[PDB]
Amino acid sequence: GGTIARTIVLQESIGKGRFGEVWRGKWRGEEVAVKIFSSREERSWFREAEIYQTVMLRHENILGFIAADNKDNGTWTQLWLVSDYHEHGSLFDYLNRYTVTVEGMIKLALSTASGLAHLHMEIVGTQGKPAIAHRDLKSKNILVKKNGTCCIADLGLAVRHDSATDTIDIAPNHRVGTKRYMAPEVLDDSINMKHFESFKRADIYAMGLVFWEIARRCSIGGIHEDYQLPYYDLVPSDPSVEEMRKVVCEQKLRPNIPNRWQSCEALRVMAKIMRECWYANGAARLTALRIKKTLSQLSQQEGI
Ligand SMILES: Cc1cccc(-c2[nH]c(CNc3ccccc3F)nc2-c2ccc3ncnn3c2)n1
């Protein structure tokens, strides 16, 4: 028999994502995460397996993929994805549970930007990597490792670019992803989904929102903000496209940047990155690579 799902024992239910359910399991004595899909979710399982098996994808700031597998329990077939397990769980959970130091904030923001720059970057060569856009980046889809750096997960809605043709490997539907984090051009459906660069730019808007969630929890002299999701002050829980579009597109509002973030070079640089992710025009936003460079220079100056 097989060497993966056959030998893994599920221990603890973690919860349901877009499709399937995540568990903590044990494999050769080691904790692993397992995402289990049913037979009628095969397209979702296959596509996420396909993205994670992309040549040259592995990176410290992308969730470490172990395998795709099947497991037949005697009644039905389960479709498995197996990954590294991170005890802290999501950035969303971590930021709810904890405050961070200036060092902690920069590590979380730099590691996220590094993972997104790696996803976005085409690597040339025989073992080349296509450019990839995420399409559902949010704090619930980022994990915090024991070393206090992040890695990006839920690659199931990702799209891959063929640079030679400027074409994408699937036919994208409109307004996939989490409505709270949707870029203005996604909410008003103006995005040109035939241009791969548009999907990169939409990811940058979402990463800006995630940076705002992190910076709220950066405690200096015991001062910090409470955990909130972006737009907690303007839209209902589980907002509709229309509710988001009225706020982000029509009223042109973004998450508030507290006066406190001007007091501190690290928070000033973070706030400036947020503003330069939040432009209505995607073409004006920072690249992940530029954000990585800026936070790398800030990491150096603060001695992390
Ligand atoms: C490819 C694969 C295999 C196993 C888990 C995940 C995964 N997919 C998401 C997407 N997000 C998500 C999902 C469900 C419910 C809720 C959510 F936000 N997270 C994780 C994950 C991985 C590792 C880990 N370690 C501790 N938790 N944990 C979670 N991917």
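The PDB entry numbering applies to chain A: residues 198-501, in that order. Every number for a ligand or one of its atoms is a count from 1 in the order of the listing.
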Item to check | Top contact chain of ligand 1 - most pairs under 4.5 Å, UniProt | outcome: TGF-beta receptor type-1
Item to check | Drug name (ligand 1) | outcome: vactosertib
Next on the checklist: Okay, heavy atoms under 4.0 Å: who's in the binding site of vactosertib?
Outcome noted: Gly212, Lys213, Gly214, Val219, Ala230, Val231, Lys232, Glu245, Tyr249, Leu260, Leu278, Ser280, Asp281, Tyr282, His283, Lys337, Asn338, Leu340, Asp351
Item to check | Protein heavy-atom partner closest to atom 11 (N) of vactosertib - residue, atom, separation in Å | outcome: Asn338 OD1, 3.1 Å
Item to check | Under 4.0 Å to a heavy atom of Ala230 - the qualifying atoms of vactosertib, by number | outcome: 4 (C), 5 (C), 22 (C), 23 (C), 24 (C)
Item to check | Protein residue, atom and distance nearest to atom 19 (N) of vactosertib, heavy-atom basis | outcome: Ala350 CB, 4.3 Å
Item to check | Nearest protein heavy atom with distance in Å, relative to atom 25 (N) of vactosertib | outcome: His283 N, 3.0 Å
Checklist entry - Per the PDB, what organism is listed as the origin of chain A? => result Homo sapiens
Item to check | Taking atom 21 (C) of vactosertib as the reference point, the nearest protein heavy atom with its distance | outcome: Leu340 CD1, 3.8 Å
Next on the checklist: Help me out - nearest UniProt active-site residue of chain A to vactosertib, and the heavy-atom distance to 1 Å?
Outcome noted: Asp333, 8 Å
Checklist entry - So which heavy atom in the protein is nearest atom 16 (C) of vactosertib, and how far is it from that ligand atom? => result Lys213 O, 4.1 Å
Checklist entry - Tell me, which protein residue and heavy-atom name are nearest atom 9 (C) of vactosertib, and how many Å apart are they? => result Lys232 NZ, 4.0 Å
Checklist entry - If you map the residues of chain A that touch vactosertib onto UniProt domains, which domain comes out on top? => result Protein kinase
Checklist entry - Identify the closest protein heavy atom to atom 17 (C) of vactosertib: which residue and atom is it, and at what distance? => result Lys337 O, 4.0 Å
Checklist entry - Any N or O on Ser280 sitting closer than 3.5 Å to an N or O of vactosertib? => result no
Checklist entry - Do any N/O atoms on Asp351 end up under 3.5 angstrom from N/O atoms on vactosertib? => result no
Next on the checklist: I'm curious how vactosertib sits relative to the natural ligand site. Which residues UniProt lists as binding ATP in chain A have a heavy atom closer than 4.0 Å to it?
Outcome noted: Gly212, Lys213, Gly214, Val219, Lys232
Checklist entry - In terms of residue, atom name and distance, what is the protein heavy atom nearest to atom 1 (C) of vactosertib? => result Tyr249 CE1, 3.7 Å
Next on the checklist: Which of the numbered atoms in vactosertib are under 4.0 angstrom from any heavy atom belonging to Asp281?
Outcome noted: 23 (C)
Filter the vactosertib-protein atom pairs down to N or O on both sides and distance under 3.5 Å, then list them.
| from | atom 1 | to | atom 2 | distance (Å) |
| --- | --- | --- | --- | --- |
| vactosertib | 8 (N) | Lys232 | NZ | 3.0 |
| vactosertib | 11 (N) | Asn338 | OD1 | 3.1 |
| vactosertib | 25 (N) | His283 | N | 3.0 |
| vactosertib | 25 (N) | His283 | O | 3.4 |

